[PDB]
Student: 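Complex under discussion: ampicillin (open form) bound to Lmo2812 protein.
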Amino acid sequence: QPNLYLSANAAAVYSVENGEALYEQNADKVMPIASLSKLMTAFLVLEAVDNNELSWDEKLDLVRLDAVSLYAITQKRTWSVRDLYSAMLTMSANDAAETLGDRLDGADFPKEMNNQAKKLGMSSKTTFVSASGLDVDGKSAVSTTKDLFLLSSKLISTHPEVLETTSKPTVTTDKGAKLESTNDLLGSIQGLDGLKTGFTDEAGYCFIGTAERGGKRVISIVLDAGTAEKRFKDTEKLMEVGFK
Ligand SMILES: *C(=O)[C@@H](NC(=O)[C@H](N)c1ccccc1)[C@@H]1N[C@@H](C(=O)O)C(C)(C)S1
């Protein structure tokens with residue numbers, strides 16, 4: 001049970017095969033999660049396509065934010081559902097995430113996120129507030145590492161194709177737009193193919209990682225590391241523990 005000396009305030013790594021913790025630090029602590037919220041949006045986008053309620057080719061106009069935004073970078077407002085989903089997962093474009101949630105359930109999308117959270121076994125310490133994880137009316141999206149593990153594991157087992165997108169260091173859209181991934185560990189740790197970064201002043205630097213080697217998948221959670229690099233340094237330590 002050796003200490004890792006992590007930057008993160010809360011961190012953990014779990015085996016997917018049995019859901020068991022291999023390392024835990026403040027695993028029950030309620031923590032701001034910010035852009036990690038986009039994994040729930042991704043889950044609900046994928047449920048919508050499967051349920052014949054959403055088309056990958058439907059074109060949508062980016063909602064305007066009050067943040068990293070797809071519109072500002074490109075000056076293009078109209079995007080397919082596919083590209084909005086890629087932008088949300090790769091570059092963490094808030095306006096992309098909010099456009100997807102609004103198409104799915106309008107104003108009622110946070111209620112749908114928390115409905116789904118309870119459905120996937122996440123504890124009542126989890127609260128989503130928005131499709132992007134941006135604060136809403138001063139309230140913040142919060143969760144625990146244990147709850148984030150359950151979300152991620154359910155997302156990967158229910159929709160394994162999420163990793164087809166999260167494993168790409170660059171997603172190039174059909175019309176040539178190159179969306180650069182925030183996951184700098186891709187191509188560095190063997191088997192790593194996800195999952196999602198986040199950062200606010202309050203949440204610090206966060207990252208949910210996942211890797212698989214020889215049938216064994218692990219999911220790592222890093223919350224409130226001190227720099228953009230340190231959340232990845234913590235992930236390397238956790239990923240070493242996960243495959244020991
Ligand atoms: C999710 O956490 C997003 N964070 C923000 O939009 C912050 N409000 C912000 C950060 C910096 C400047 C202005 C606002 C996105 N996820 C982050 C991440 O993946 O590390 C982001 C910086 C790419 S933005």
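This chain uses plain numbering: 1 for the first residue, then up along the sequence. In each ligand, atom 1 is the first atom listed, and ligand 1 is the first ligand listed. We read in the header that X-ray crystallography, 1.7 Å was used to get this structure.
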Student: Within 4.0 Å (heavy atoms only), which residues surround ampicillin (open form)?
Tutor: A34, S35, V68, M91, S92, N94, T197, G198, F199, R231
Student: Can you identify the residue and atom to which the deposited model gives ampicillin (open form) a covalent bond?
Tutor: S35 OG
Student: To the nearest 0.1 Å, how far is atom 9 (C) of ampicillin (open form) from its closest protein heavy atom, and which atom is that?
Tutor: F199 O, 4.1 Å
Student: Nearest protein heavy atom to atom 19 (O) of ampicillin (open form), by residue and atom, and its distance?
Tutor: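 Result for atom 19 (O) of ampicillin (open form): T197 OG1, 2.5 Å.
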Student: Of all the non-hydrogen atoms in the protein, which one sits nearest to atom 1 (C) of ampicillin (open form), and at what distance?
Tutor: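 The answer is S35 OG, 1.4 Å.
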Student: Do me a favour and list the nearest non-hydrogen protein atom to atom 24 (S) of ampicillin (open form) with residue, atom name and distance?
Tutor: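 The closest one turns out to be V68 CG2, 3.7 Å.
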Student: Does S132, backbone or side chain, put an N or O under 3.5 Å from an N or O of ampicillin (open form)?
Tutor: no
Student: What protein heavy atom sits nearest atom 14 (C) of ampicillin (open form), and how far away is it?
Tutor: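 Heavy-atom neighbour on the protein nearest atom 14 (C) of ampicillin (open form): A67 CA, 4.2 Å.
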Student: Considering only non-hydrogen protein atoms, determine which one is nearest to atom 20 (O) of ampicillin (open form) and report residue, atom name and distance to 0.1 Å.
Tutor: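 Scanning the protein heavy atoms, the shortest distance from atom 20 (O) of ampicillin (open form) goes to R231 NH1, 3.1 Å.
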Student: Any idea which atoms of ampicillin (open form) are less than 4.0 Å away from a heavy-atom of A34?
Tutor: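 Result: 2 (O).
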Student: If you have a sec, work out which protein heavy atom is nearest atom 6 (O) of ampicillin (open form) and how many Å separate them, to one decimal?
Tutor: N94 ND2, 2.9 Å
